[PDB]
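Entry overview - Sialidase-2 with zanamivir in place.
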Amino acid sequence: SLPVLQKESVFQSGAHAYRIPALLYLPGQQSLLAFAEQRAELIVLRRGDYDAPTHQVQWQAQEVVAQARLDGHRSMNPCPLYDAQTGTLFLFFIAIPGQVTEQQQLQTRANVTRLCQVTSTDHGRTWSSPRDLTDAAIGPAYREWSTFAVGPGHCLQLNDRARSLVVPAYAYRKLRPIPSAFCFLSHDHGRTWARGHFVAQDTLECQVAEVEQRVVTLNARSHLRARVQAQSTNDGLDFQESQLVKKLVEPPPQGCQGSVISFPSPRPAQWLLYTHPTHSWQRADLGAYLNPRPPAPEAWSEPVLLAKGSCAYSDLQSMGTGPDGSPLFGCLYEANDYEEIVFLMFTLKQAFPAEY
Ligand SMILES: CC(=O)N[C@H]1[C@H]([C@H](O)[C@H](O)CO)OC(C(=O)O)=C[C@@H]1NC(=N)N
């Protein structure tokens, strides 16, 4: 394990069970928003204020994102998104009928999953009513899908003309059900939602990052022994290029979700950071990977050990300049056989004292 600034558990599986973390930074108020699935069942949230003096994050009391649900459906895969332009907070998620499951939908081929979002204009303190965007965003294609999902994890807003909203997703499309990664795009600040195109075969949960002319790189889990990296030159509408990244291992089963963010290069305008279990055959040993010449896959560094032991899902968030003057990061990840979601806060200089 690497020397960090903070390591506290934001969610602990005691009187309840938590999974599928989601982190979101608010640069204006230097606050983090920690989302997670509670039991699926509901989506909880926990705001934690970053205190500069102690180089700490004081986490407030958690709460149930109540409106983030649909009667008779259970909520899953929280995907927070902050529109800097309008200062609107978006929380996407997936709603599934009562006890129905993924395998039930995959085997039955009867998609019943629902794409939703709630928004907050006072920083997730209170939320708008749920807006079911299924039909409008997916359209006819919905009948060709056995099921689909968003995130989990932070979404992405672009620096293009419209400051477009990008939401990573994947779906089991028919051709027998094959999963593919794609993005839901909004060029009107969430007003309306189009649906981008798919990547090469077999790609599940994924996250997107931007980098500078302007390409959106996607990192998705696969059933292969590695991660798949797709690049879009038309803002996520199409991901023309797609490669398997050998250095980015994926545990045996069907892989494990991962997280990728972009941040200000110390010297391309950005660099990429990526967290994922590094262990060879099991979900353990969460590692951090650095790409100093993005999107070049062969530019991916070796992982740096973040946490030894059982580590599954994760979500990263850039948090501006850290104490040592280098980039500061916030990492939300599942640990100890899903008995808790641990928060980690460290700097570039702390994780990669060489490439700095
Ligand atoms: C919606 C849903 O069923 N999400 C699954 C996810 C999913 O099965 C894979 O990405 C591909 O099907 O896998 C895993 C997983 O641990 O591999 C947990 C997620 N669980 C929850 N979000 N509750």
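Numbers in chain A come straight from the PDB entry, and the residues shown are 3-41, 49-184, 189-225, 229-283, 289-377, in order. How was it done? The header gives X-ray crystallography, 2.8 Å. Atom set for the values below is all heavy atoms of this structure, side chains included, hydrogens, waters and symmetry mates excluded. Note that ligands are numbered from 1 as they come in the structure, with each ligand's atoms numbered from 1 the same way.
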Hey, where's zanamivir in this structure? All the copies, please.
ligand 1
Which residues in other chains are near zanamivir (ligand 1), meaning a non-hydrogen atom under 4.0 Å away?
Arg21, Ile22, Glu39, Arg41, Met85, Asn86, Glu111, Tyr179, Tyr181, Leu217, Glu218, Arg237, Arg304, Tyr334
Which residues flagged by UniProt as binding substrate in chain A come closer than 4.0 Å to zanamivir (ligand 1) by heavy-atom distance?
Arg21, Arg41, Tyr179, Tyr181, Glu218, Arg237, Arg304
